Amino acid sequence: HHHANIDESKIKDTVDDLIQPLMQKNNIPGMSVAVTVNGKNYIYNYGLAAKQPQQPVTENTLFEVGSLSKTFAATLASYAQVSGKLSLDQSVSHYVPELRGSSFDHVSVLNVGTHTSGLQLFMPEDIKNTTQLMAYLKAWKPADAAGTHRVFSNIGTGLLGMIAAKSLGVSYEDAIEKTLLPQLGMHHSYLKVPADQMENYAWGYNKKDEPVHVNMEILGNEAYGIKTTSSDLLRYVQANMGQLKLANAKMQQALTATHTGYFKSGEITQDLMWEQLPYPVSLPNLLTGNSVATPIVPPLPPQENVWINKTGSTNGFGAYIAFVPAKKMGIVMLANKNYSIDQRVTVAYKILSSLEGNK
Ligand SMILES: C[C@@H](O)[C@@H](C=O)[C@@H]1NC(C(=O)O)=C(S[C@@H]2CN[C@H](C(=O)N(C)C)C2)[C@@H]1C
């Protein structure tokens, strides 16, 4: 029931007023929106996780988050780094000996963690096993030197997560599901959804409105494997702002260190997978932010006065996270349809702007 002067009702009015038109105009079947502010958490669910048979979005609904998954690979690499198992400045071939003598002699772990290796976006479809993957990587050359350009890459994120996990002595799937997500308290987050949670796994709806789930291929866990709830992602946002007891002291340091600013591209600062802009942000630069890479050396330390964000999509889903550490506020928006990023950022901006007076 609605209550004037009560936090959850005031926030719900703002969120409803933006999310309901957004879902109608984009034919989005279902969404969950989670907001944190002043140490308190608010979860709002809309519409349907599945159309036939109809299933509503609930607090337990799992959505694919696509490239939001890359921030977990970055957090894992950061955890390995602060634990003394990984140096980001070292070469990929230092950690992957089969690539010694290849172009990866000249690509750093930082490069694959910042989209500056030059590797292309998509893994070639005919690469099915590790032998084929290694043959490909051993024979690969970019047109420009590593460290000169930003090119978003699923392959690079794959290497980042693989190297991080190996430096901890485990597979990536083990590192994520047995170490990272449990230490973060994210008990409803998965690379592979278990049988008791399949009833909660929303269907995605593609551009043709067909129900789809993402097909996991080689190194896909690192780049697009996470299925999760808005509540678990809100915990992840809070952890990224140091708000939770948590994990480890090492885990808090790992999360914070992913916000280190390593390269500038246009107006955007590239962190370890996360991207950030100075806060306050005007909506135009947010939209303009969605290339030559200039190093930030020494790296920009993790900041409070920034808007940190990441989009992610699969064929059937569209996700977004943004948070402002200086304001201890953040938002997670999950949808089971891939709708345009300009709308994700605009709605998030309007919601977060609503959470305090102008001054
Ligand atoms: C699953 C993946 O195939 C896709 C993402 O969900 C692609 N990978 C990336 C990526 O994020 O690295 C974007 S590009 C986009 C370019 N800037 C975005 C971002 O982080 N924003 C807008 C905050 C990300 C592909 C669709």
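By convention here, the first residue in the shown sequence is residue 1. According to its header, this structure was worked out by X-ray crystallography, 1.2 Å. When reading the values below, keep in mind they use all heavy atoms of this one structure, side chains included, and skip hydrogens, waters and symmetry mates. First listed ligand is number 1; within each ligand, the first listed atom is number 1.
The drug or candidate drug modeled at ligand 1 is meropenem (bound form). The chain that meropenem (bound form) touches most here appears in the PDB entry under the name Beta-lactamase. Summarising the contacts of atom 3 (O) of meropenem (bound form) with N154, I268, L287, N290, the nearest heavy atom is found in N154.
Short contacts between meropenem (bound form) and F152, defined as distances under 4.0 Å to a heavy atom of the residue, involve ligand atoms 12 (O), 16 (C), 17 (N).
Of all protein heavy atoms, the one closest to atom 12 (O) of meropenem (bound form) is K70 NZ, 2.7 Å.
The closest approach between any non-hydrogen atom of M273 and meropenem (bound form) is not below 4.0 Å. Given atom 19 (C) of meropenem (bound form), the protein heavy atom at minimum distance is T311 OG1, 2.9 Å. Near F122, the atoms of meropenem (bound form) lying under 4.0 angstrom from a non-hydrogen atom of the residue are 3 (O).
For the pair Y224 and meropenem (bound form), the shortest N or O to N or O distance does not fall below 3.5 Å. Proximity to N309 (heavy-atom distance under 4.0 Å) selects the following atoms of meropenem (bound form): 23 (C). With atom 10 (C) of meropenem (bound form) as the reference point, the heavy atom nearest to it among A319, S153, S67, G156 is part of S67.
The PDB records the biological source of chain A as Klebsiella pneumoniae. Distance from atom 20 (O) of meropenem (bound form) to its nearest protein heavy atom, with residue and atom name: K310 NZ, 2.8 Å.
Distances below 4.0 Å separate heavy atoms of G312 from the following atoms of meropenem (bound form): 6 (O). For atom 6 (O) of meropenem (bound form), the candidate residues are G66, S313, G318; the nearest heavy-atom contact is made by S313. Heavy-atom distances between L121 and meropenem (bound form) reach below 4.0 Å in at least one pair. Between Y320 and meropenem (bound form), no N or O atom pair is found at a separation short of 3.5 Å. The binding-site residues for meropenem (bound form) (non-hydrogen atoms, 4.0 Å) are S67, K70, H115, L121, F122, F152, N154, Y224, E275, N290, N309, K310, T311, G312, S313, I341.
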